[PDB]
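The following structure: bortezomib (bound form) with Proteasome subunit beta.
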Amino acid sequence: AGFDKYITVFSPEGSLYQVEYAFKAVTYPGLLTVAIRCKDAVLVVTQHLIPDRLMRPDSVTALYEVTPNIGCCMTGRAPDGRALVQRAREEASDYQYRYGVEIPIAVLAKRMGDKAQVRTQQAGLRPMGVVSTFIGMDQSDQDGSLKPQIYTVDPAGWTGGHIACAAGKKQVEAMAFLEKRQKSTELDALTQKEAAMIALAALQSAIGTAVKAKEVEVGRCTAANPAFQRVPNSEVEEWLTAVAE
Amino acid sequence: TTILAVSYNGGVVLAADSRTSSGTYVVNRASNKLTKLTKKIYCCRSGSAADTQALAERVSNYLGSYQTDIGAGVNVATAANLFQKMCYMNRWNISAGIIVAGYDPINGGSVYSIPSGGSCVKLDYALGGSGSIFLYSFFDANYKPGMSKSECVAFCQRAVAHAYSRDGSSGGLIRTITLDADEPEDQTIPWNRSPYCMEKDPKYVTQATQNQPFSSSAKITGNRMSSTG
Ligand SMILES: *[B]([O])([O])[C]([C][C]([C])[C])[N]C(=O)[C]([C]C1=[C][C]=[C][C]=[C]1)[N]C(=O)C1=[C]N=[C][C]=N1
């Protein structure tokens, strides 16, 4: 009853205060990401803003490659996100050596949520103040096709699939735009051009700025080219004009 | 097993037979001794079928985990120092002759021959396997450096076909692949369309006159093919 909040100890209302304080390290940099999957692709947009003009803008990034078919964005404390990439690259490689096949995206999200649960149960270890968003396309069963996947793991360890997610500062106004857009159409029937307009407009409704094409970076995975790659900046400009239309 | 890798201007040409044989019996006549490490770097594979398969997929997982962390392409000299490290600290327990050949944009086409002793030598062409001892005097006479891509494919297919004609260990198909700045093109020509075989070699048509007829003279007149005459 002396501290109640300084190490991983249950509060008298049954909460962990080092979990609730690590959620606030996600919104503390002030950034934002939006992920969405269409019928045949996955998209991840994120705010890529450099305040200093003397900074090399192609070094600071949040989009990482875990395996050649899984990409991720790390929204939260930026050196903590680089730490969980190196953890996920070890787990995807040790899956490859031991089991011979590439790791499923739903399984790589589960094995990274088990790493976050241990750090919030042992008293000495600090939780990672970052929300991971592992995106990719899994091999479907009984037909052999590919299927878009989005998986998000909290700093507590809450893994789960998504149709469209958001993380960072004013992530509540980004969820509210996507649910309002969900009431009209059905997001698993839209195309890659149509779904790119929503994830960029959801990034506009929260920041209220209608940002430039260099102030974001977008990575994608498509059923034709299943490898994770980031888009060119010229293709973001073809999308930002359509949102203004 | 007869494996070889030859460099041209663009990239390299890997060439190998297809036969794993337990001493004297052909367990597999359609083996694949050309192992993919990365997209542009392969390795030829001779010796123990299990000891070299475990090395080839242990290097290929270090090499793909390296490529993701770097974010660029893997050099061939990088992949040839991961076989040398493993074939030297296991050299008393494995039987492994590896020829590593590939393509990188920095150095072009590279060929590394890693013998059973565990050394590493960078070459223009490499030979390996039990059938390679036939091909030293064949490359001393018939090989001229600086061929094109289409000439190195027809040469290495003609090179392997002279090797498994005399070797008992080697035989089967001829699996070749080229690794250069284009997409990797593979080609598997069979035995019955091989560029050389001793059965259709027109100087081995006449039987050696061993089974002489019972005659009155020392004049050798060929074999005895019938009971009457
Ligand atoms: B080649 O004949 O050397 C071949 C190379 C291998 C890496 C595909 N090796 C084998 O055929 C070996 C036998 C051998 C022959 C000559 C030298 C060294 C080894 N085959 C096997 O190891 C084997 C035997 N029985 C079952 C499975 N594998």
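A, B, C, ... go to the sequence lines in the order they are written. The numbering of chain A matches the PDB entry: 4-248, in order. Residues displayed in chain B correspond, in order, to the PDB entry positions 55-283. Method reported for this entry: electron microscopy, 3.2 Å. Lab note: partial entry displayed, contacts enumerated inside displayed portion only. Whatever order the structure lists them in is the order used to number ligands and atoms, beginning at 1.
- In this entry, the other chains with a heavy atom less than 4.0 Å from bortezomib (bound form) are B.
- By chain and number, the binding site of bortezomib (bound form) (heavy atoms under 4.0 Å) reads B:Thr55, B:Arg73, B:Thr74, B:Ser75, B:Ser76, B:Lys87, B:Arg99, B:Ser100, B:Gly101, B:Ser102, B:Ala103, B:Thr106.
- This PDB entry assigns chain B to the organism Leishmania donovani.
- Structurally, the covalent attachment point of bortezomib (bound form) is B:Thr55 OG1.
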